[PDB]
Amino acid sequence: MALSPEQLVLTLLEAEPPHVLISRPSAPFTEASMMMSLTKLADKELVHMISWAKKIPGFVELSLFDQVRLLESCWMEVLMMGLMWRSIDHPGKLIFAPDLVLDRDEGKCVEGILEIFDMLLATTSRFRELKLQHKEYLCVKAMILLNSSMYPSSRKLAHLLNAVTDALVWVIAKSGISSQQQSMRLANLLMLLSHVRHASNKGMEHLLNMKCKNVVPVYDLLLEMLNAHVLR
Amino acid sequence: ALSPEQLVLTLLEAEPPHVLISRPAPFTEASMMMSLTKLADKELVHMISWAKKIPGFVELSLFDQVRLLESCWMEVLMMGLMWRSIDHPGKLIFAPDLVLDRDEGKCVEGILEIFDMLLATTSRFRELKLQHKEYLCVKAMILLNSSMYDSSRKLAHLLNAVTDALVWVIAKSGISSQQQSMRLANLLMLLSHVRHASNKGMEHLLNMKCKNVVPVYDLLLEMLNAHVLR
Ligand SMILES: C[C@]12CC[C@@H]3c4ccc(O)cc4CC[C@H]3[C@@H]1CC[C@@H]2O
Ligand SMILES: C[C@]12CC[C@@H]3c4ccc(O)cc4CC[C@H]3[C@@H]1CC[C@@H]2O
C-alpha cells in the first residue's frame, strides 16, 4: 500500500534532499581548490543522501550490512544522477550548485576531469533528448540506490526494487503513448543506467588518482563523511 | 526491414565459434593471466566477425564501428562468459578446456573480486531464466549501447530494432503485461552490472600491466595490430 505506484512517487517526491548552497572561491580555480570545492559539495550532499535513503519505504527495514552495501556502491552514481538532472536544461554547463555553475572547459585546470565532464554532459544531453520527466528521475534515482549493490532481508530488497519499477512503469503509462512506445522509453531510460554507472566508475577512478597525487585527502567520500559527522 | 522474428534468427548465425586454450602445470599468477589474455585475444578475433554480422553494423561509419568495439569488447567477453556459466554455480566457463572454480582465482592478486562480480551477475541471469533469444538480443544491445557520444541516426535505428526484438521476445512468452515490463526492467538493470564488471575487470588488467604480469592492456588494439587481413 505504501509501495503503491502513485503513493511511492509522492513519497519519493517528499524525500528529495534540500538544495546544497556552495559558492565559487574568490581566487581563480586551481587544481587544489576546484578538487576541494567539489569534494566539499559532495560531502554535504552525502549527509542528505543518508536521510534520503533512510526515507525510501522499506530501506530502514533492511539489514545494516545491506544498507551500508547499497550506499557504498551507489553514492557516486546518485551524486552524478542528481547533477545531470540539475543540468538537463543547461547545455554545455554543469550545475553542481546554484552559485557554482561550471562551463565545460573550466575543467582544464585539474588533470583528467574533462573526460569525466564530457561523460556527464553527454549522458545529460541524452536525458534531454528523451525529455526526462521529474518523476522518472525520482524513480531512476531510487532504482540506482536499490540496484547498484552487487552482493558478490534479501527478499525485502527485491520487493522494493520491484515496487520502484512498478512506479516507473506507472509514470510512463501516464504519458498516454502506445504500448510499444512505453516499452521503448522504459528501455531507453534504463539503458542509460549503464552510462551513469560507467561515469560512476570512471569519475571515481579519477578520484583515486587525486588521492595518490595528494590533491585530495581521502578517496571514499561516503566513508569520510560518516567518520567526520556526529549523530544527534 | 527485418522483423523481430527475423533479426533474432540473424543474431543466432552470427554466434562466434568456440575457442580452446588447453592449458596448462599448476596455475600461477602469470600463467593464469597468460591464459585469460590469450583466450580473450582469440575471442576478440571472432568478435569482429560477429559484430559485422549484426544487421546495419557495416553501414555505420568506420569511426562508429571502432568506437563501439573499443567501448564494449570487455562487456561482450564477459556477457559471453556469463551465458556459458549460467547453469553452473561457483564455476566460470571461460572456454571448453578452461573451467575455473571460484576459489582458483586466489593465485592472481585482486581477481577474486572480479570473479565474484561475474558469478553474482551470472546468478541473477540464472534466477531470471534467461532465454536464448533474450541472450542474443542483450549481447547485441551491449555493442550498440556502449558508446557515449548521418551515421549517428542509423545507430539509433539499430538499437531500436534490437530493443524491439527483445520486447517481442518477452511478449511472445505470454506473461502478464506487468510481468513483461518487470522482466524487461530486470534484464536492462543487469547491463549496469555488466558495465561495473567490465570497468573493474579492466581496472584490474591495467594493474596487471603495471605489475608486469601481462604485456599489453588494450587487448583489442593488440589483436588488430598482430592479426593480418585476408
Ligand atoms: C568525483 C569528482 C569530484 C566530485 C564531483 C561531484 C561532486 C558533487 C556532485 O553532486 C556531483 C559530482 C559528479 C562529478 C564528481 C567528480 C568526478 C571526478 C572528481 O574526482
Ligand atoms: C580482464 C581479465 C582477463 C581476461 C578475462 C576474460 C577472458 C576471456 C573471456 O571470454 C572473458 C573474460 C572475462 C574476465 C576477464 C578477466 C577479468 C580480470 C582480468 O584482467
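The order of the sequence lines fixes the chain letters, beginning with A. Chain A is numbered as in the PDB entry, which gives 261-412, 422-501 for the residues shown. Using the PDB entry numbers, chain B covers 262-285, 287-411, 421-501, in order. Method on record in the header is X-ray crystallography, 2.5 Å. What's counted below: heavy atoms across the whole structure, side chains too, no hydrogens, waters or symmetry copies. Note that ligands are numbered from 1 as they come in the structure, with each ligand's atoms numbered from 1 the same way.
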What drug shows up at ligand 1?
-> estradiol
Look up in the PDB entry the name of the chain with the most contacts to estradiol (ligand 1).
-> Estrogen receptor beta
Chains under 4.0 Å from estradiol (ligand 1) (heavy-atom) = A
Close-contact set for estradiol (ligand 1) against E305(A) heavy atoms, below 4.0 Å | 8 (C), 9 (C), 10 (O)
Could you tell me which atoms of estradiol (ligand 1), counted from 1 in the order shown, lie closer than 4.0 angstrom to a heavy atom of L476(A)?
-> 20 (O)
Any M473(A) heavy atom less than 4.0 Å from estradiol (ligand 1) | no
Within-shell test, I373(A) vs estradiol (ligand 1), heavy atom, strictly < 4.0 Å = yes
At a 4.0 Å threshold, what atoms of estradiol (ligand 1) neighbour a non-hydrogen atom of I376(A)?
-> 17 (C)
For estradiol (ligand 1), which atoms sit closer than 4.0 Å to a heavy atom of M340(A)?
-> 13 (C)
Name the source organism of chain A according to the PDB.
-> Homo sapiens
Is the closest heavy-atom distance from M479(A) to estradiol (ligand 1) below 4.0 Å?
-> no
For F356(A), take its heavy atoms, then give the atoms of estradiol (ligand 1) lying under 4.0 Å from any of them.
-> 6 (C), 12 (C)
Heavy atom of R346(A) under 4.0 Å from estradiol (ligand 1)?
-> yes
Write down the UniProt domain of chain A that holds most residues touching estradiol (ligand 1).
-> NR LBD
Is there at least one pair of N or O atoms, one from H475(A) and one from estradiol (ligand 1), spaced under 3.5 Å apart?
-> yes
Binding-site residues: estradiol (ligand 1), 4.0 Å heavy-atom cut-off = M295(A), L298(A), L301(A), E305(A), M336(A), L339(A), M340(A), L343(A), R346(A), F356(A), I373(A), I376(A), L380(A), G472(A), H475(A), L476(A)
